[PDB]
Structures are given as C-alpha cells and as structure tokens.
*Asks:* 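Quick one: the structure is below, and I'll ask about it shortly.
The sequence lines fix the lettering, A, B, ..., with proteins before strands; numbering per chain opens at 1. Excerpt of entry shown; contacts counted in excerpt. Hydrogens, waters and symmetry mates play no part in the numbers below; they use all other heavy atoms, side chains included. Start at 1 and go down the list; that is how both ligands and their atoms are numbered.
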Amino acid sequence: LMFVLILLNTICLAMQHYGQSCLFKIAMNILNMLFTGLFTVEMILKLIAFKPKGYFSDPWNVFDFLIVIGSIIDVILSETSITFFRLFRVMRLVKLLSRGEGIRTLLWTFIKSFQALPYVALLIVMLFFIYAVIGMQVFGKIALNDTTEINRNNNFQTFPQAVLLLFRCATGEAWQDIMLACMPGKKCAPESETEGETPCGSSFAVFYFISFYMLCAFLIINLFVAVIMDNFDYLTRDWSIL
Amino acid sequence: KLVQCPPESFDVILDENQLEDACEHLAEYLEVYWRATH
Amino acid sequence: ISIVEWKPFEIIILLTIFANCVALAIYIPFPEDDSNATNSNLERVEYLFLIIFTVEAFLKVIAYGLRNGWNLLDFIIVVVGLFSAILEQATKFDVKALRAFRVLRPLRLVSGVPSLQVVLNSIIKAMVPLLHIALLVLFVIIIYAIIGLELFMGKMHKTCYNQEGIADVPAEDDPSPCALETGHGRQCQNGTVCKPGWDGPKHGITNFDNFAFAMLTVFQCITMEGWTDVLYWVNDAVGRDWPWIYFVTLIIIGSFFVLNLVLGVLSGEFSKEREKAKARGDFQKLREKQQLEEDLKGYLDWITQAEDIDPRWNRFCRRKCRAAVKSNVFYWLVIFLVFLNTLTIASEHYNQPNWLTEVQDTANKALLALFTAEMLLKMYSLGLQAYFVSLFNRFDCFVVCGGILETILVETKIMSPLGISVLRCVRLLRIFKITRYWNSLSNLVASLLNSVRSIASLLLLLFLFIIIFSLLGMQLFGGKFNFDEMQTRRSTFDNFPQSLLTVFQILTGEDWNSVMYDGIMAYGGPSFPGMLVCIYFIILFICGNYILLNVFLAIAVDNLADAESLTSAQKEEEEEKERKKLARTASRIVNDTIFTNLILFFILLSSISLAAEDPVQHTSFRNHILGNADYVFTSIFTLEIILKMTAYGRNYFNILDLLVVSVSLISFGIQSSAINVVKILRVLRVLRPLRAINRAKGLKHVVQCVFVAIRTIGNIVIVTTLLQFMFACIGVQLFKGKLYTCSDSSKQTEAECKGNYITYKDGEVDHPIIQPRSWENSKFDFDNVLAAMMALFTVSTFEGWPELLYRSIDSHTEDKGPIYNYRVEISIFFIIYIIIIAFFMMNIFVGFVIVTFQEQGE
Amino acid sequence: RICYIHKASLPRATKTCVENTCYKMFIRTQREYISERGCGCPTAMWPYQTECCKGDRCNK
Ligand SMILES: CC(C)CCC[C@@H](C)[C@H]1CC[C@H]2[C@@H]3CC=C4C[C@@H](O)CC[C@]4(C)[C@H]3CC[C@]12C
Ligand SMILES: CC(C)CCC[C@@H](C)[C@H]1CC[C@H]2[C@@H]3CC=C4C[C@@H](O)CC[C@]4(C)[C@H]3CC[C@]12C
Ligand SMILES: CC(C)CCC[C@@H](C)[C@H]1CC[C@H]2[C@@H]3CC=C4C[C@@H](O)CC[C@]4(C)[C@H]3CC[C@]12C
Ligand SMILES: CC(C)CCC[C@@H](C)[C@H]1CC[C@H]2[C@@H]3CC=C4C[C@@H](O)CC[C@]4(C)[C@H]3CC[C@]12C
Ligand SMILES: CC(C)CCC[C@@H](C)[C@H]1CC[C@H]2[C@@H]3CC=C4C[C@@H](O)CC[C@]4(C)[C@H]3CC[C@]12C
Ligand SMILES: CCOC(=O)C1=C(COCCN)NC(C)=C(C(=O)OC)[C@@H]1c1ccccc1Cl
Ligand SMILES: *[C@@H]1O[C@H](CO)[C@@H](O)[C@H](O)[C@H]1NC(C)=O
Ligand SMILES: [Ca+2]
C-alpha cells in the first residue's frame, strides 16, 4: 500500500508543467499536504510499533525520517523562498529501487568495491588537480570572449572553473576547439599589466590537451577494470549452484 | 612402429624439429661418449 | 506442395530478399511528392516482389496450417505489404508512410542463414543480465527529470530583444537565455533588454518545461553529448552557482558508474561463456595448429638444404643464400632499407621543394627494385611454396605485387593508391622478434586469423543492423530536411550513402542531438505527435552502442585470452624443453610515526595553497597572503630534509623532495630576467602533491601497479601508434593541399579569392553586408604527416569528425576549392579508420587490461 | 628586400632577406593577427597558414 502511495506521489510530482493554471497549483499543493500527512502517519505508526530504539536501527528508517521532516516544515515555509526543501519528495523513490534482489545486490557489491579502492580514484583526483593548476598558470590570462571557446562559462581563471573545463574535456565535448582557442596570439585580460598587443597564450596547448586526454582515459579504464576485478566474484556467480 | 614400442633401445633420443639443434644433439652425445673409452 | 519446399526454392527466396534490398537503396526520397523514372520502375518491381512473397507464404501456410517468430514476421510483412499496396491504389492516413514495413525484409537474411542466427542469438542472450542496469538507468533518468522539473521549470524563455521592439532575437545568430535586473543569470546590457517570451535555445526542444522534455534533456545529457550546452544555458538562466551540482553529479552517476556496471556485467558474461566453451576444447585445435606449423618449415628446410649438399651446380649456388638470410646481417640491412622507405614516404608534404619530389621518386624506384630483388632471391632458396607457407611472407608477396602493379601506371590518374609502400612498414614489425613480446603480438594475429570467420559474422550482423536503420531513416526523414534556412544540412537521409553516413555518425554518438533536432523539426516542432519521432534516434543510439559493445568487446576479449593462453603454454613447453636438456648434459626523529603525518598534512596544506592563487590578477591581496604563506611552508620542508640528511647519505623520492625544495628556494630569488625563468619554475611547483607518494602507504602501491600496467600495455600502444602513422601517411596522400576553401563560395583559387564580397544577413536580399574574401585551410588538415596524425587523433576521439569528413568529401584537386559531394566514396577511409582504431584497438586495449588484471591475483 | 621579416614569433623584428616573394603567417582560427612575417613562400606546420605576395611591403 505504501509503495503504491509513493508511486502516486511521484506521478503527482511528475505533472508540474509550465504555465499551469491556478486550480492545478492549488490541487497539487493540497495533494502534497495529504501525502505528507499520510507519511507522517506511517512514521508515527512505526515509532510505536518498533519503539524509538528499533526505529532508528534500520538505515532505511533514518533516511525516511529525515525525508519527511523536510516535508512537514516545507509546508510551513510555503504558505508565506528556498528551493532546496522540495527535493526530498523525489528522494523517497529509491525505496522502490532497493527492493529487487538483483539490483540491490549489484549496487551494493559495486559500491563496496568502490569503497575498498580509495586510491585508484585518488590517482584521477591528483591528475585533475595537477592539470588544473598547470592550466591556471599557463592559459589563465586569456580574454573571455563570448564568441570563443574561452568565455564566462569555460575558462581557466579559477580552480573550480579549470577543474570543470578539464572534466568537460575528459567527457570530450569540444576539447579540440578549446585547444585551438588556447594557441598563442590572443588579445587577453585587460586587468593584467606597449608592445604587448596579443602576447599571451601558448603552443603548449597541443601537448597539454593531448596528454591530458590520454592520461585521463588510461586512468579511468584502470579504475573501471580494478573495480570490475574486485567485484568479479559476483559477476561470475553461476546462481544455479549453491 | 618405433614410437608405440618403448624407447629403451635408443640410448640417446633426438627430439628436435630443425637441422641446427639436431646436429648439436648428436654431437653432444658423441663427444661425451668419445671420452669414455680413452 | 510439400514437395517443392526444400530444393533451391529456399535460395530463390533468399535471392528475392536480396533484390528487395537493392531496390530500397536505389530509391531516392524526393521532397514534396517528386519522383523520376527509376522510382516509376521500382514501384512495379516492388509489385512483383509482393506477388512473390505472397505465393510462398501461401504455400507454407497451406502446407503446415505461424508459430515461429521468423515465420510470423514473414506473414505480417506480407499482409501489411498487400494492405499498403491495395490502400495506395485505392487512394490513387499518410498512405505512403505505411511503406516503412518494407525495411524489415533485410532482417530475413539471417533467418535463411542459421550461421548468422546463432550469432544473433548470442548477441541477444547477453541482454538479460543488463536489464537490471537498464532499470537503474530508467530510475536515475526519472529522478533527475523530476529534479530538473522542480528546479528549472520555465526559466529559459527570456532573451535579449534590443531597445527598439520585439522583432526577433537581436542577440547574435545564437540567442541565449538572460535574466532581469532582479535576476542572477546573464545580463544583456548595452542596447538590449531581457524581455520575457521566447521559444528556447533549440526552438523550444531543450528545456525542463515538461516532464517529457525534462526526460529527453536528461537522457541527452546522460549520453554525454551536448550536456555542457544545457549546463551553460542553465547558468545563463538561473545563475552560475548551483547547476554544476546537478549536471556533474548526473554525468558521474548516469554515465561513468553505469558504464562501469555495463562493462563489468559484460566481462563477467564473456568470462563465463569462455569457461563454458573451454571445456569442449576449442583452444586445443588452435594450440595444435601452431606446433604443426612450427615443425613444418623446420622439417621442410631440412629436406630443402640436404638436397643442396648433394651426393645443376648447387653446391656453389645454395649455401650462401640460406646462410645470408639467417646471417643476422641481411635482417638488419632489410630493416635499414625499410626504415629508409618509411623516411622517404613520410617526407612528402604540401608545397615541398622541387629537389625533394625528385629524390623521393628516384629512391622509391631504387628501393622497389631492391625489395623485388630480395624477394626473388628468397623465393627460390627456401622453396617456391614453402616461401608462401609463412605468414608475413604472404604480406611481403602481396606488397611487392601491388607495388609493381601501381608503379608501372605512370600514365593513369589518382596515384594515391600507389602508396601501398606504407604497408612495408608492417614488415619492420620484426623488430619485436629481437626484443620480447614478439610471441604476444604474433599470437594475437594468429588468433585473429583463426577466428576471422566469427569476426566476419559479427561484423556482418552490425552491417545488417546499420542497413536496416538507414533504410528506416531514409523512409522517415527522406527529403524532409529541406527548410528555409540558408545553410544546408550535411547529415541528411536523402540518399542511401548519405543515410549510411548519418546512421554511422549517430552510432558514434557525435552530434546525434543535432540530427534528432532536425528530425523533430521536420515533423512540425515541439508537439506531442511531432516529437514522438525522437524514439527512432533514442532506440538507434541505445541499440547500436549495445551491439558495438557486444561485438568489439567479445572479439577483443576472446582473441586476447586465446593468445595469452597460447603464450603461457608455449612458455611452459620452452621451460620443460630447456629443463630436460639441462637435466641430462649436466649429469634522528624523522623515522617517527606522528611527525611523518604532521608533514603529510603540511604537504596537503601546501598543495591547497597554490590552488587558491589568482591566475589573472598579477597583484592582488589574496596573493599577498598566499605568496608570503609559502615562505613558512617551504621552511618546514627545508627543516625536514636537514633533520633527515644527517641520518643517511639516497633513494628516488628524496631526490624528488630535493628537486621541489631547491627549486622553490632558488625561485625565492632569481631576480634579473624575471619573465622567462620565473614562468618555468613557477609551473614547476606542481610537484608538491606528488610528495604524498612514499609518505602515504597505498598511494605508492597504486602508482607501482599503474607503472606495471603501463609497461605491460606498451606493446599495444606501440602497435596503435604504428597503425595511426600508416593511416596518417595514407591520408596525406589522399588529401594533401585539397582542404582549402574561400569565404566566397564562387572563387576556387587563392588568386581569385582576394578583396571583398557581399554577404546577406540570414540570406535576406534586402540586407547586404560587405565581408573580406579569405583563403582558409581546414582546422585539421592533411598537409603533412604531423598535421595528419593529430587530425586522425581527433577523429578517433569522435570530436568534430563529421566536419572533417564532409570537408574531405568536397575536396577534389590540389590548390583548388571544394565541389559539393565530389567524392562520397572517400568516406570509406574514415569509416575504416574509425572501425580499426577507435573501435577495435580501444577495445583490444581494454580487454588486454582486463585479462592482465585477471591473470594477476587469482 | 625589406618585406617585414622575422625568425622568432614574439617581438616581430626585422632581418636580412632577399627574393620577390614575401608572406604572412597566422593561425587559421585567429585570422586577425599575423604571427610571423618574412619573405618567400614557406610551409606552415600547425595551425598556421601562409599568404604570399609579389612586391615590397605587400604583407600588411
Ligand atoms: C507517467 C506519467 C503520469 C508522468 C507524467 C506525464 C503527464 C502527466 C504529463 C507529460 C506530458 C504533459 C503535457 C504535455 C503538454 C502540455 C501543454 C501545456 O500547455 C499544458 C500542460 C500539458 C497538457 C502537459 C500536462 C502534463 C502531461 C500530460
Ligand atoms: C521498422 C520496423 C520497426 C517496423 C516499422 C514500424 C514503424 C516505422 C511504423 C509502424 C506503424 C507506422 C505508423 C502507423 C500510423 C501512422 C499515422 C499516419 O498519420 C502517418 C503514418 C504513421 C505515423 C505510420 C508511420 C510508420 C510506422 C510508425
Ligand atoms: C622515419 C619515420 C618514423 C619518421 C619520419 C620523420 C620525418 C621524415 C618527417 C616527420 C615530420 C616531418 C615534417 C612535418 C612538417 C614540416 C613543416 C614544413 O616545413 C614541411 C616539412 C616538415 C619540416 C616535415 C619534414 C619531414 C618530417 C621531419
Ligand atoms: C526505431 C524503431 C526500431 C522503433 C521506433 C519506431 C518509430 C520509428 C516510430 C514509432 C512511433 C512513430 C511516430 C508515431 C506518430 C507520429 C505522428 C505523425 O504525425 C508523424 C509520424 C510520427 C512522428 C511517427 C514517426 C515514426 C515513429 C517514431
Ligand atoms: C581532495 C583534494 C584534492 C581537494 C582539493 C580542494 C581545494 C583545492 C579547493 C576546494 C575548495 C576550493 C575553493 C573554493 C572557492 C574558491 C573561491 C574562488 O573565487 C577562488 C578559488 C577558491 C578559494 C577555491 C580554491 C581551491 C579550493 C580550496
Ligand atoms: C590511452 C588512450 O589513448 C587514446 O585515447 C587513443 C585515442 C583516442 O581514444 C580512442 C577513443 N575511441 N586515439 C589514438 C589514435 C590513440 C593513439 O594515438 O595511440 C598511440 C590513443 C590510443 C593509445 C593507446 C592505445 C589505444 C589507443 Cl585507441
Ligand atoms: C573579443 O570581444 C570584444 C568585445 O566586443 C570584441 O570586440 C572582439 O571582436 C572579440 N574578439 C574577437 C577575436 O572577435
Ligand atoms: Ca561530441
């Protein structure tokens, strides 16, 4: 019954379109209030049944407890904003996912294998940090032109921005365009101080953007295969046998 | 005929698929056997 | 009638199926009910095909009274074909759009070939373990779609509209979302006003307005194609503070974790199938084949030379020939000759000096004559047929035959195929024989040639899938990508080759969202019936990527495991042979525990310090603290080394620590030319994070493991580099100096493309604009080998490769401009390069890593 | 003779030179900046381009 209630709540959340009428909005608000009341009723039923010690023993309960309390006080701040507090309703859908013995076992085993190897990812973290710092030092002064690949959204002028640029290149979005935009001969930052018309940029960009791609691909494959070999017992199980 | 029967008779056995090392196998046995009766 | 159903009737129907597949390729979908004579004939040919597949389903229907899936497909295809023909004749909803069922006929080419049916079943049966991952992906997509609905619902509908009216988007040709003065996003500024009311970034297709639209956007982001565009649009809409937490998390969870799960499940299934099929003993047949060939030439040469020792004059004719080939001097001389051939082939470039083009044509003939003479010398000294017995000797014979064929032309056109001298570089791969791992590369080639039958079957099923989806796309979007925009789309479904190229591009996943948007707008716009056509692109992408994975990972994993088992057995046999041969012939507080930590903390703080600098502002108060904070940080590490340097006199990590601290200390001074030297040793300050190694156990372990893996995979890296160099040489021959273009499309030479010319904004004849004529080269060209290696690398990364492909298709002649669709047949070069390198070599590398990790540990 | 000459890239300083052909060197994407000037019709490497002339001080 509560699985069906969660499904109904998710369906109710899934039909908040753009330009909805006032009646639709009021109905959605009152339906959300009804659902959060029902879930508070379940929570009260299971503090009694399970006592205040047995409730906060299953980790699926403390997560559930934190979800609903973020929905009770969500209504308090709604009648009179912050958008963070309405995301708790969606997070409850993971209980449906964590009910099949296959997906649960797969996710749990892979998460444990990920935890058991914390340095194979530290290698990628170190590579990203080193290349972000090098990019900040080298290409960190180029002008932000909205018609070029170095602009407000994509640049080397900050460590988070450099890391985001490297992440985008690792995904492989327009890394060749960024490399071509980092070549020498670009008018750049007016806030840095003649003969210097376009003296910044570098020919190091080719090696930078090629070596980063090779190293990132190699390290990602290394992490993937390490996790797979750590979890290989579950991947070749022969479930028919004991 | 000379395979299914036990080796026994062959004091030394040449097992090589090339002329080069086959020559060295025969020469190895003859040289050591050469020093036996001397 | 149950008599004539087993004779070559079943091959007559197979040939009928092949001619109803070479009649759906000849068809040209014309815009707006146009046609020609070839179509007028194809209608009647399809009438005949309909008659044939009707009286052949009737015989089977009235022979056995529709249970098997393939026969059910037969029946439904026939009935819908008859229904469509009858309705079309009666009307002579869309009538002509019901002909999409005719593209299912090529699917029967595997129902008549059980050898293909078995590989289709093998591919299909691997889907069941992946259904859990599919369900997880669906749940993640739903959750992120709902979150995007709650976050960015209807917040990207405002663009700059200029302070003179609301005519149309006066903010570049690519308008972007903005925000008001009370907003946090992008501000239009100057003579523009952020006015509400606007379709959207992609004609209203990419947004989180609806749940369906949000789901489509989330799927497109998860496919890792064009997700930064959505992220930047959201940044311009709501702000640049918290959309990265959404998009980066979505990319990490739905694209990397999911790919890891898919790879793990597929590898486990492949390993289980391998361990089940090893019980039969298929490896034994491959194992017994190698030794039967090793002793073959080892006994044939014994027979050959013993004839020459004699009992007509062969005593003074044969000893030198076989004693020169095996002299170890002929080997190095031939290696040097091949190196010279590579040198002269790779020295070609655009606009070369006139002496070089004569040197590299004289040397080509000289080396060709020398290699022909060597081939003829070797051809008789080791038997005419025993020379043909060897593997690489067949490659040499084919290379000589092709070179002699293409060097005598000297009168005909297109001498690009004359450069098959580049495959002579494969002959120098015997340099592996002197080194190690030669028994790991040749074993791979032996396994590939042994399994070439299954390889061809797997590559043919993928081709059938591509053909079916190309026909379906040609039916759906044929002649429909013709809108009023001034630019003409290059990735269309107008012809069969063009549809094949478009489907291949979508399979590679590059710019597939652009083709999806083109297909969506071709059926109206963002509306419920019109936008349902994106299911075609979604299914094509998912199924094609899954099939490519199941093919190119299975091939690599199976062949590499077989090669490794062969190498292990050979090593065991060599060990046993050389053992049995020998068994007879013979008969200071720096060594603390907490300190160390405290200084790996300092190390972390020092690493944090230089990440917080100001890259652009040379002088800023934040750098005042950080610049003077490194001073005290460097003192601690300076004190650490002195406190340790007395204990001993040196390992390899104390050297790194010294290289860090001494560089920092000297950088504290320098002075003088504080422009060049400082800019080198300031970037040399990136070695501080690397000091965590040798100071944090486990980091050293993983670094050493990665180094061992690099040393293991260096051979595959070298082979891939060699293939890339060869393909770069071929591309240099093909497209040298041909990828030039002028901004004015009416000028086809550098001299003509000079001065100014008139352009029109959006092709409006009433709005002319003067622009300067410029002779421009491609972003990635093939002028020389070095410029071609990088272009091929970017193609292998699937980044901007359609642009290069369509630039190369138009090129026709050196020093002249492009011609629309001149050589569409040149796309085979790019297709082959992508298949061999970007699909086979990468999966071979991944499978090699998997196998070298599996044979370690367990 | 004196068509704008150089060997390096940063200062754009002249040099001795001959021959009736003088050129410009620039990146294809960054068209509106001449990286290098000299004489002859040399071959660029990447991503540079060459535009040659016929008279003295044609490259400008
Ligand atoms: C599994 C289902 C229930 C999840 C949610 C899907 C349904 C409820 C969604 C998806 C498509 C949506 C519709 C698509 C388009 C529009 C046009 C708009 O001007 C008014 C809302 C309206 C009519 C939407 C209402 C809600 C809608 C019908
Ligand atoms: C190719 C394989 C998958 C079989 C073919 C299935 C697809 C392509 C077929 C089956 C059902 C067909 C549709 C049935 C009904 C309609 C509505 C009509 O107003 C236009 C044609 C249209 C839209 C058809 C187009 C083609 C169609 C979608
Ligand atoms: C033997 C194989 C492996 C390597 C061959 C390397 C030699 C022959 C190749 C590699 C890169 C080539 C260069 C690439 C580009 C340029 C720039 C231009 O000025 C034309 C000649 C020149 C300078 C080429 C000369 C030949 C070159 C140096
Ligand atoms: C890819 C194959 C194997 C499976 C997916 C089937 C695709 C091709 C089918 C299924 C549903 C179909 C759509 C159903 C309805 C419409 C609305 C109509 O006004 C135009 C055609 C259009 C838009 C169809 C196009 C083709 C379509 C998308
Ligand atoms: C695990 C390790 C590698 C994590 C390293 C995190 C460090 C390098 C990151 C995390 C938070 C970051 C800071 C977050 C915010 C800002 C404000 C910005 O205007 C300048 C950069 C600055 C000051 C960042 C500097 C670098 C920083 C300190
Ligand atoms: C280690 C990964 O390097 C790559 O990403 C390669 C790409 C791009 O990745 C392919 C993505 N499909 N393009 C080319 C051509 C490659 C190259 O130059 O080899 C030296 C490398 C590569 C290197 C070693 C082994 C395999 C590959 Cl495929
Ligand atoms: C950089 O931005 C300025 C700002 O308008 C613009 O004038 C200039 O043309 C841009 N640079 C290029 C190369 O277009
Ligand atoms: Ca891409």
*Asks:* By the name used in UniProt, which chain has the largest number of heavy-atom pairs within 4.5 Å of ligand 6?
*Replies:* Voltage-dependent L-type calcium channel subunit alpha-1C
*Asks:* Which drug does the model show at ligand 6?
*Replies:* amlodipine
*Asks:* If you draw a 4.0 Å sphere around every atom of amlodipine, which residues of other chains have a heavy atom inside it?
*Replies:* A:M214, C:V717, C:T720, C:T721, C:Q724, C:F793, C:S796, C:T797, C:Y833, C:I837, C:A838
